[PDB]
Trainee: 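Structure provided below as structure tokens; questions to follow.
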Amino acid sequence: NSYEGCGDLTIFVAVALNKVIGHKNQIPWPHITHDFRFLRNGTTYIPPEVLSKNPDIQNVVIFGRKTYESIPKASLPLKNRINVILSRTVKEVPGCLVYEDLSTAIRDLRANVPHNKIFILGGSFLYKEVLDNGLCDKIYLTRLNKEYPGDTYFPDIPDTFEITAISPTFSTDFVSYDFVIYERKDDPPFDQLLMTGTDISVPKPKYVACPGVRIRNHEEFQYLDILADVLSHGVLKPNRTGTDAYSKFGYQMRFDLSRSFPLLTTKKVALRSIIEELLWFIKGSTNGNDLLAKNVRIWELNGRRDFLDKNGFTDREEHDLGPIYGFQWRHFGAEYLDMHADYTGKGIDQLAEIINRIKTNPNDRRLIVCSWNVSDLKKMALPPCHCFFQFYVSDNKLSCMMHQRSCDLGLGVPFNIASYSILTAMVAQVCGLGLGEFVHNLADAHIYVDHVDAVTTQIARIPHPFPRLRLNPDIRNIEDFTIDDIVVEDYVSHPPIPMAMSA
Amino acid sequence: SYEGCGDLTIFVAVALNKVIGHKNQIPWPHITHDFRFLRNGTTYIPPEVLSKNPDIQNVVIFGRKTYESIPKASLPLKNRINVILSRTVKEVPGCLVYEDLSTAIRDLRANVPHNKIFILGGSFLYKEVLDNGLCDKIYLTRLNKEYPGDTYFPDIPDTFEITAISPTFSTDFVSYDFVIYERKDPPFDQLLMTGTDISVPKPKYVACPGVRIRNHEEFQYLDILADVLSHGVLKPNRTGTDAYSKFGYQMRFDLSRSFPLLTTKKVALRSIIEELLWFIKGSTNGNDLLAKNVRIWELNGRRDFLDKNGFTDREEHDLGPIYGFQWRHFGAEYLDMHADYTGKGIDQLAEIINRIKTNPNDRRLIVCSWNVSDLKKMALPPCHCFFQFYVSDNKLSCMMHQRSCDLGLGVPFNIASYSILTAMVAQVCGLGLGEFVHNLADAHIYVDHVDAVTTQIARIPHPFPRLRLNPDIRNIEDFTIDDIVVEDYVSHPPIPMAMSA
Ligand SMILES: NC(=O)c1ccc[n+]([C@@H]2O[C@H](COP(=O)([O-])OP(=O)(O)OC[C@H]3O[C@@H](n4cnc5c(N)ncnc54)[C@H](OP(=O)(O)O)[C@@H]3O)[C@@H](O)[C@H]2O)c1
Ligand SMILES: NC(=O)c1ccc[n+]([C@@H]2O[C@H](COP(=O)([O-])OP(=O)(O)OC[C@H]3O[C@@H](n4cnc5c(N)ncnc54)[C@H](OP(=O)(O)O)[C@@H]3O)[C@@H](O)[C@H]2O)c1
Ligand SMILES: Cc1nc(=O)c2cc(CN(C)c3ccc(C(=O)N[C@@H](CCC(=O)O)C(=O)O)s3)ccc2[nH]1
Ligand SMILES: Cc1nc(=O)c2cc(CN(C)c3ccc(C(=O)N[C@@H](CCC(=O)O)C(=O)O)s3)ccc2[nH]1
Ligand SMILES: Cc1nc(=O)c2cc(CN(C)c3ccc(C(=O)N[C@@H](CCC(=O)O)C(=O)O)s3)ccc2[nH]1
Ligand SMILES: Cc1nc(=O)c2cc(CN(C)c3ccc(C(=O)N[C@@H](CCC(=O)O)C(=O)O)s3)ccc2[nH]1
Ligand SMILES: O=c1ccn([C@H]2C[C@H](O)[C@@H](COP(=O)(O)O)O2)c(=O)[nH]1
Ligand SMILES: O=c1ccn([C@H]2C[C@H](O)[C@@H](COP(=O)(O)O)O2)c(=O)[nH]1
Ligand SMILES: [Cl-]
Ligand SMILES: [Cl-]
């Protein structure tokens, strides 16, 4: 074979959403220093055992002539690595080995040039040859969630590869991105099992999210693992709605809001409705028509005549939802009359108070907005699912924890995660703080029985990098945010998954 | 003399007074779980070894008296080579017999194919194995109670350390766990795919660093202490003693198995129980606790604190509309600690206990103490703000949100307190016990507690105790301190920790 002995080459590459890798012999996007540190660390690692036996050993990096010309001259040859250039027009390049083709080079290297591992650093001529001929067994790929103008493209990865590793999602001010590993498709010590004190042979879980992904550092795996856990181990229970659900109690997810915006990528999520709902909460509204007028229908069934009449609200106007979330956030303790009454100056404006306290006393440990107003529960169309939330400041960063008493994992939860993430970013901005973490506590977490097929489909889908959130920096008071001031960039998702509401 | 006789592995079960036998029998009632542990531990063959020789077995060695203490119908122990040491019996059916240990170990390793050798007592054998350094690993079941006995496990030499601890388990009669003693003498992609520095300085503080298998629930708490000391931000707070702080944790405790009263220091249980009873009765009068020799709320009811925080017209120890008031009278107009609130406000505790009985699948089983309208009247707003029950498989669980968590002082009380409350509610509702899930928001260690918590996180946990409530108690208001009993509590010494106000 022409390529006898030239296999197990490892690719590093960074690829835009449209598959572009190069533009006018340069990188098509603004410099991502993080990504270069990742290439460098990836391509210069020698296992400790190998380095102790041959302390001067290095890895090899191979690239095409044009890619060599695309690297700043002061950085060449790439440090701590044997640089190999392929060319049929140039014979000699300072500090590098030069070969006329790949097969010659790999063979020469492995027989005559002691080294550790060989890496392929492009361009497309090389990537294409390496992929077209089965020579690569692993690909380290940086995924960028944006299209870029370009003239040089990464070839399609064959379906013989699968993603086995995904990093957390990162972002610059111009793109969101992550790091993945692709590999070709083709146990714990006994004391671990013994010292659980339980059965040493446990039936493994019936459902596992993305079972081919071994390194699972994308934050969305927290959610997918929860879906799989409830399906695997949840108890089927009746509930208020009349559609039964699989249920399990107590989870805690966290999302680093400085790095990405946690809008699920495993289905297309309706962001516009999330933003409109949040703005409605912030303005204190209990009038469901304010959402219908904006083509947001998420609260419609809970304001309808037949639901109201079914739950004792026979004197309530349609879509008068009672003293729910927004009324509690802005008017806790005020006497609810109807959705048309004037509550200016009535009750306690918790949102205003807490935002002011974050500014004036950030180390306070009572930065809480509470919607569980025990005195008003009976008056609400539905008691709040997201009950309570608390802020925290350290090192000039704002975090938020939220208690969700009841968590419809298929429908509500994805909205709830995005909602509090926006709110936290809004509060951080108006308080001049950076972003910490959103911590989401799930109490009764459940999957309605009519969503099982949808969730089964969803947990097999490989997450894309999360998008990023940009708020208009001119907005200085939380009441002034409008939907045009809240922008999610670089959202790449799998298709929407229809999921029917029980009620 | 013992050349080639090392690396013997001991299994044993030991009571708190070191007793292992009584009248040539086991001193405690039978723990079937413990025997499964023994059987599983001593019959295991690695899969690589088992496929190369499919008939291979481990060896179990015991003294003659231990062999005579095993029911005849179980002998020889199945799937193992049974070896008895004796100078008076020469033949035992189904077994090998030797006159001493060195002879037997040498004969076995030279002439009797086998996998691993286990030492199953008695004290004549354990004493020989330990005195002569022949053991490298000990699987030991720790029982938290003393038993009458006449046969004792020898002291384990300080050349051994505990390297594994199971969760705590319990029967009706004892709490126990499994531990491993041994002699004191990450693939790159995992580092790369974090996307952060590949060279990561180890945390400055690590709880019980010799323990590698860390299945005791108390490690959740100790790990948090170490995490806050290692990675918490030092910042000011209301008290004027700074604290190291980190945000957002979640612990869980299986209340069916044990009672999570910390064992790494002696915790003042009596005060936890009296405080809980005071909450349940809806009291806001701090004198009701002082009269019972419980002073945990005393500084917060003092004139000096009241007057500095603007409560100049409040009687001393009138704490205002705090926890108990909100539990039993949410929405009532607070006057003072001497007023009658009978039939005023919403009795959340009563309402939720009834709903657990009538509609356990309800998803609003919440008691909330964060009464925004009353916060300004409280001597201190509640630390444990909100709690929520859950029922599945005839078991009650509870989750509680703690806004502010003094890891040194308050948190150990808070864990035990909600554990008792959940057990109490389960009993009056006819349910079993699920889990207590404890959510920590601002979790912190005051600077003057750093020395104390450094001492504490190096202590090896004992098995947790167990809770027994008087079974005759039908209504939550009828529990008295005599009805709430913690059994088998073994702990390290108390650690003094001063309150920052
Ligand atoms: N984002 C990323 O990860 C990444 C990675 C690499 C490169 N890039 C970008 O990609 C662009 C450069 O890649 P490119 O594909 O244009 O060029 P390239 O593959 O780097 O260079 C092509 C040259 O290499 C020689 N060569 C090697 N193998 C060959 C083959 N099989 N057939 C023909 N010639 C071969 C030839 O030089 P002679 O003409 O001397 O024979 C050919 O002209 C730049 O814009 C660079 O910034 C991006
Ligand atoms: N909790 C636990 O894990 C555990 C484990 C084991 C046993 N036990 C309890 O321990 C008690 C029995 O232990 P024990 O200490 O009384 O007796 P033991 O050690 O089992 O047996 C003593 C007898 O075995 C022979 N023997 C032991 N070591 C020998 C050696 N090195 N060389 C020659 N012969 C040796 C001698 O028999 P001859 O007199 O025939 O020479 C000696 O009299 C029982 O109550 C049993 O239930 C408890
Ligand atoms: C994950 C990945 N990201 C990339 O941007 C990338 C680029 C190349 C193209 N090529 C092989 C390059 C190597 C180095 C370059 C560069 O412009 N470097 C900067 C920073 C130096 C460093 O830290 O590596 C410079 O020299 O100024 S461009 C090949 C594989 C890749 N792989
Ligand atoms: C059983 C139940 N589960 C819920 O999640 C729930 C949610 C709300 C209000 N809530 C806050 C909602 C969030 C998201 C929703 C929803 O229907 N999402 C659909 C379509 C979104 C759209 O097109 O606007 C989806 O995600 O597929 S509804 C009201 C009653 C409920 N009842
Ligand atoms: C951890 C441990 N616990 C023990 O109780 C124990 C006992 C011995 C003493 N000896 C080595 C024994 C082996 C088996 C026995 C026994 O009494 N078996 C009962 C119980 C059967 C079951 O529940 O599985 C029997 O055979 O009926 S007693 C040795 C090591 C130990 N190790
Ligand atoms: C800064 C601060 N931290 C607290 O944990 C705290 C707790 C209370 C009330 N609380 C709920 C208490 C729980 C436990 C306590 C305590 O002092 N424990 C000591 C002594 C116990 C005793 O012997 O009675 C200890 O555990 O060492 S105090 C009041 C103010 C506070 N202030
Ligand atoms: O923002 C929301 C609002 C509601 N729910 C879900 C949880 C339940 O499935 C249902 C409310 O029903 P109850 O728990 O109140 O029965 O809606 C959410 O997940 N998020
Ligand atoms: O049951 C309690 C009561 C209080 N605290 C702690 C947390 C804080 O350190 C302090 C209360 O002070 P603030 O958070 O309110 O400032 O007491 C507890 O840990 N548990
Ligand atoms: Cl922001
Ligand atoms: Cl007043």
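By convention here, the chains are lettered A, B, ... following the listed order of sequence lines. We number chain A the same way the PDB entry does; the residues here are 3-188, 195-511, in that order. Just so it is clear, chain B uses the PDB entry numbers, and the residues here are 4-188, 196-511, in order. Atoms within a ligand are numbered from 1 in the order they appear, just like the ligands themselves.
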Trainee: Can you identify the drug molecule modeled at ligand 5?
Mentor: raltitrexed
Trainee: Okay, contact question: for raltitrexed (ligand 5), which chain racks up the most heavy-atom pairs under 4.5 Å? Name from the PDB entry, please.
Mentor: Dihydrofolate reductase-thymidylate synthase
Trainee: What other chains contribute a heavy atom less than 4.0 Å from an atom of raltitrexed (ligand 5)?
Mentor: B
Trainee: Could an N or O of raltitrexed (ligand 5) be found under 3.5 Å from any N or O of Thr35(B), whether backbone or side chain?
Mentor: no
Trainee: Check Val15(B) against raltitrexed (ligand 5) and report side chain, backbone, both or neither, counting heavy atoms closer than 4.0 Å.
Mentor: backbone
Trainee: Could you tell me if any non-hydrogen atom of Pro74(B) lies under 4.0 Å from any atom of raltitrexed (ligand 5)?
Mentor: yes
Trainee: Check whether any N or O atom of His33(B), backbone or side chain, sits under 3.5 Å from an N or O atom of raltitrexed (ligand 5), and answer yes or no.
Mentor: yes
Trainee: Please identify which atoms of raltitrexed (ligand 5) are closer than 4.0 Å to at least one heavy atom of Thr144(B).
Mentor: 1 (C)
Trainee: Would you look up which organism the entry lists as the source of chain B?
Mentor: Babesia bovis
Trainee: Using heavy-atom distances only, which candidate in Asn85(B), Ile29(B), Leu123(B), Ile122(B) approaches atom 7 (C) of raltitrexed (ligand 5) most closely?
Mentor: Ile29(B)
Trainee: Is the contact between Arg39(B) and raltitrexed (ligand 5) made by the side chain, the backbone, both, or neither, using heavy atoms and a 4.0 Å cut-off?
Mentor: neither
Trainee: Is there a nitrogen or oxygen of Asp37(B) sitting under 3.5 Å from a nitrogen or oxygen of raltitrexed (ligand 5)?
Mentor: yes
Trainee: Hi! What's sitting within 4.0 Å of raltitrexed (ligand 5) if we only look at heavy atoms?
Mentor: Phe14(B), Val15(B), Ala16(B), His33(B), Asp37(B), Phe38(B), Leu41(B), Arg42(B), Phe65(B), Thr69(B), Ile73(B), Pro74(B), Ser77(B), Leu123(B), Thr144(B)
